[PDB]
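Drug bound: silmitasertib. Macromolecule: Casein kinase II subunit alpha.
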Amino acid sequence: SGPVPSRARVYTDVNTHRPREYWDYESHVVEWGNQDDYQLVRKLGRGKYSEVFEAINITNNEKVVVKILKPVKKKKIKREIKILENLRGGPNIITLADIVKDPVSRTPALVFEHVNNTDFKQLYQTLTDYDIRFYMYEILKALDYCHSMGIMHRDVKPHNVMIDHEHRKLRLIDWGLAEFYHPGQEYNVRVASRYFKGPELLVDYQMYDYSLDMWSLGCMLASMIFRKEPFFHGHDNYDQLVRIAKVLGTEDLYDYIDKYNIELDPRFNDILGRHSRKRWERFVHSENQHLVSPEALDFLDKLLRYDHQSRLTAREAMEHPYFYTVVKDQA
Ligand SMILES: O=C(O)c1ccc2c(c1)nc(Nc1cccc(Cl)c1)c1ccncc12
């Protein structure tokens, strides 16, 4: 009978109501600067499809970041650029400063705003209960903004959240997997990073939406409040669902599969087994208790749901009691 269709509960038709130039990124004309305006200082890291460098803009001595793209479809480069241009100036969204090309190799590169980041592997262990609430609220500002702008990030994870802790400044980076939400579209499920993949990706339910990012956020929150990084530690995409099922239980998983008429891959039948929904208190211990509260657990419970439609939206999440003290302090 095929899967049951799904629509986002919020910002459903935002792209339909915009001119085609907004979302038809393949038609976007890119104007490439000369990479000679930037002098590379050092390599910061290598990605799946990019090499990132710290650089200096020789014209004004500003420190920037240059993301040299490895060859990918021109379609995909135009998508990242168009999304970054559409989101530019939005709350906690990384700023695309320039688009250049090396004169010799012709390799395209994206120039970004520099953030003085403290890596999550060093930062998260130092965060107070207030800090987690504060930064979660900052991520929510970025997500509600991009979702309102008709964009799903599709790769929310600690590496993609650059935090200048000294200045309490946060930027959501790496828009390379981001996509425009169009109601009825069947998207690629080979997105996000394993540990942050929502159950919709794991069961191959393609008609997903912005709510995908809310699952990923919930994975981040659970790792922060429980000091268990990553929270769901699967060995592969199949075992990832098993790890989730051992916490959220199998009853709701099978109800989700039923509701959407999802044809489940036959290997899941043997590996999923039967598991009760675990109480969040089972993850609380002497070393993380100070980060856990009834508000944190209620909020986490409302993000970590199989049914993507039942998760809090970024706007609903911002209104949660977990953030009452942050919201008070920001006024
Ligand atoms: O991709 C983007 O959108 C993107 C955008 C901005 C930054 C970035 C990636 N990666 C950075 N650093 C980084 C750190 C570790 C490994 C790698 Cl590969 C990169 C970085 C640092 C400071 N300011 C901005 C950025």
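So for chain A, numbering is the PDB entry's, and the shown residues are 2-332, in order. Both backbone and side-chain heavy atoms feed into the values below; hydrogens, waters and symmetry mates do not. Counting starts at 1 for both ligands and their atoms, in listed order.
For silmitasertib, the heavy-atom contacts closer than 4.0 Å come from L45, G46, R47, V53, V66, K68, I95, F113, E114, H115, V116, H160, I174, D175.
Checking UniProt active-site residues of chain A against silmitasertib, the nearest one by heavy atoms (to 1 Å) is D156, 9 Å. The largest share of chain A residues contacting silmitasertib lies in UniProt domain Protein kinase. Residues of chain A that UniProt annotates as binding ATP and that have a non-hydrogen atom under 4.0 Å from silmitasertib: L45, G46, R47, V53, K68.
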